[PDB]
Enquirer: 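Here is a structure with nevirapine.
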Amino acid sequence: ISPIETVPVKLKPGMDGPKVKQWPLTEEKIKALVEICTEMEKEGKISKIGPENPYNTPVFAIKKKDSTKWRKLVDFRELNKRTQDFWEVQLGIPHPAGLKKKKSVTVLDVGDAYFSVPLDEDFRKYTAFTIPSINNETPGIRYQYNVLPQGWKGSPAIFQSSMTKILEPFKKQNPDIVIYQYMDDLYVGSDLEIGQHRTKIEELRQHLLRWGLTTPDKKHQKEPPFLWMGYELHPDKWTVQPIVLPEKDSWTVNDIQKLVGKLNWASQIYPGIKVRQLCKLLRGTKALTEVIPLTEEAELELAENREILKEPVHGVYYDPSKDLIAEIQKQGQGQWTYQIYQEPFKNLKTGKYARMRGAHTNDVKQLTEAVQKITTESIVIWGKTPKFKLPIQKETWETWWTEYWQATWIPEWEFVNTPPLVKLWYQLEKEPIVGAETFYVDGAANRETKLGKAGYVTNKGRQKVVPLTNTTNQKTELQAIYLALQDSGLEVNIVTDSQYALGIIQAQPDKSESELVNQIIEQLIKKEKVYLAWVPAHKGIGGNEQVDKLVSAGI
Amino acid sequence: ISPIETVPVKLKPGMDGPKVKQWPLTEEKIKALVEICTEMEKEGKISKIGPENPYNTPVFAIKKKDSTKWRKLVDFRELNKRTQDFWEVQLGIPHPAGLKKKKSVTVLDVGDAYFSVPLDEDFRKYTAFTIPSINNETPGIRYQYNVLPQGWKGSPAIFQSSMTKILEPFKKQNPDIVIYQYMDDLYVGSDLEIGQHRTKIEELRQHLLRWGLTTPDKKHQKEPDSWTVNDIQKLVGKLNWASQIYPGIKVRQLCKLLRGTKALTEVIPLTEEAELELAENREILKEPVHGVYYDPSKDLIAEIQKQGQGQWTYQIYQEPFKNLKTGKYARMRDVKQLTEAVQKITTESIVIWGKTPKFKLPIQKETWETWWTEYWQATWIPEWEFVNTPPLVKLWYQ
Ligand SMILES: Cc1ccnc2c1NC(=O)c1cccnc1N2C1CC1
């Protein structure tokens, strides 16, 4: 019971009530599922016998772990399936990083709640179940619910909803003592002199109890630094709690998957944790029990992470509004990271940004990629975008968006002297240097035979070819550029028959992910003027027909 | 009291109401949205709270023009696929192939009409949606529409009879002025009436208000030597490549010119199969030369806008290298630039084809989801896709 207002529930169009029977655990079952089913009325009437005309559902008694009485179970999956797309789903996680601070909060849990709130009437008939009645020749004991049943998604949606109807008059009779709910759990908090908080908790617990929901407590029963989804929190600050136990090698992919788990959750506030190499190798591993060999560096990502994991990293000022909300990206963990903060020391939120995206999306381009995670993140956590303290500055940034082939927009960002990363490492001259030895590029290789060819041919009747075996044309065309650079100085104009090959260079990448490209970059960083230019894939172009030849024949 | 006075709106066989998302709106953005929705609820019918229906539809709050107040721009994109596209057969408002030919077009936001005037029955439940709460601290409750939603194409389909009669007294007093209703907007277009249109439009902006409350709040007057070798790497390269969106037309005897090697020297400049092919091609490049380029009201209109610098080139085409219109928007001093182009194009695809195109935007997926809703005024929502990594210009233009 509860004098509340029932929510209409229709069965997915076309379907009908569950026809699922079962077959007994003898006296163990029935006996347990009766000394209890009889209290489904006489001790809070939660169901009514009404055995013949309806459908059915799965009766089953369990209970074991840390208690003293045989619990019942009927998480009816058929009914469960004949209505379910039905409600709007419970779906959100308020990030502590933003929960503003109350002076004192409290978490009154709620009694058996998803059973207090009522359940329709032009429905209940499908929440029936048969308890065989007597021994073997058990006549047939049949009930059917009258309230939200345990394990039927109507329950959480309807419930979350019946309780915020009830919490409204209160939540109106006294604003400022605003609250939050996530399943039998009301995290009530306000900035009240503990004393009056003590009673205004009574009122909440009282207004509850006159709508059923008999909130079990003694005006706040619960260890004061609660366990959220992780997020051990307190009006003081918050944090995450137990974070490890990695014995020693025999490290299967099943484990590594969880370690990047354990590590990531932790990213929240522990500065500079950084999973690249520990999930790096985590590839293929199509099987849990595949004890993947760790690596050299993973040891460092666990290492450098290990020591980081002390306790000189905990909480935030929570949202404390009126303060700019600076967010600086102290980026450069051989990857990119950030911390959202408010005032001086203690941080607000710590989050990384490793970029598993690109043929080396530059510092500049990786940085931007990161501002729209913070920007996106901020917008959700506090409902606004942050002031940005960026290790970049005009020029570098300035010119790149100004001249990058795609679009982007960034909030107030301001620079700070630190490890620069301003990737203006190498730029390309737009007008073919004259009084320069233009090299003709071409590399090739066969599909079947792994026979590749590192070409090139200049206007000074020069030429060379370095053979390669075990490549693909889109590799030979890059060594086909490395050479040209490697066999010249200062200037140098390269002509190629590859849109791809240049796309790399032109994107002006960085970081070793493909050593040809890794060096085709270092050359550039130090070669006074360069100028890649494209020429139609072969088709007899001047200079290109020539080299074309060199690298072709040999296949 | 109305009272009963609906129209039987329904969904295509094998369908369910949208169950979209709702982008996490800036707080101020919700603050208003929460206002717009409360006046709406007390303004009756237009909205009423739901609680056991799953359908949801993205909702944004924005401003329009030089800005002062806000406005909800509700994203019925899947309810369209879900209803309109189906209920696009009968109710449908067909498209006048002269509206473009009538060179001057003013468009009126005659959409407020859709509200209280008519309504949904038995189907209100699909126009559901939610107004958030920063960080989901509260279950930011959801409303339901009880009148024609100023958003979905399903409305004007309903409102074409009321709208027709209303515009009737004018369609005569002022005979053939092509009037096209598309979706909450009217493209009343006309011949180059010497700057005039200013007149007739306000004449109609007024006729609407007299003979009805259909209100296009305000006149709304949208009243419209060195021929270096490398030079051929360029010339040829693209030339060779232009004609691809053409048949195999000559370039080669201009081509071959660069034989041997040596790239900073000038070639010619003066030759047969050179000048008489550079030009031969030169005259070949003029919009109308085309071919079997046709619209097939049956295959989607794809579009690809290419960021130019201060300028932005765009290209609406139905299927591969066969552009059906390929011009350039361009306003010096940029996300909020694409914003103005993606709108310019759709507002033009419409006047021309009765349907917006599917955008392939050169922007990071999410740097758009964060603020397309900044300088985005128009009420419809072109369906876009983020195509990146990358396009190929270095010409295409000149
Ligand atoms: C887990 C959780 C989720 C949402 N809000 C809160 C909490 N619980 C708290 O203990 C809490 C801590 C600090 C500030 N607000 C808090 N509260 C708010 C209600 C006072």
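Heads up: chain A is whatever sequence line comes first, chain B the next one, etc. Chain A is numbered as in the PDB entry; shown residues: 2-556, in order. What you see of chain B is 2-225, 250-358, 364-428, where the numbers are those given in the PDB entry. What's counted below: heavy atoms across the whole structure, side chains too, no hydrogens, waters or symmetry copies. We count ligands from 1, going down the list as the structure has it; atoms in each ligand are counted the same way.
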Enquirer: What is the name, according to the PDB entry, of the chain making the most contacts with nevirapine?
Expert: HIV-1 reverse transcriptase (subunit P66)
Enquirer: From which other chains does some heavy atom lie less than 4.0 Å from nevirapine?
Expert: A
Enquirer: What species name appears in the entry as the source of chain A?
Expert: Human immunodeficiency virus 1
Enquirer: Residue and atom of the covalent bond to nevirapine, if one is modeled?
Expert: none
Enquirer: With a cut-off of 4.0 Å on heavy-atom distances, which residues and nucleotides contact nevirapine?
Expert: A:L100, A:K101, A:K103, A:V106, A:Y181, A:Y188, A:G190, A:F227, A:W229, A:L234, A:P236, A:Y319
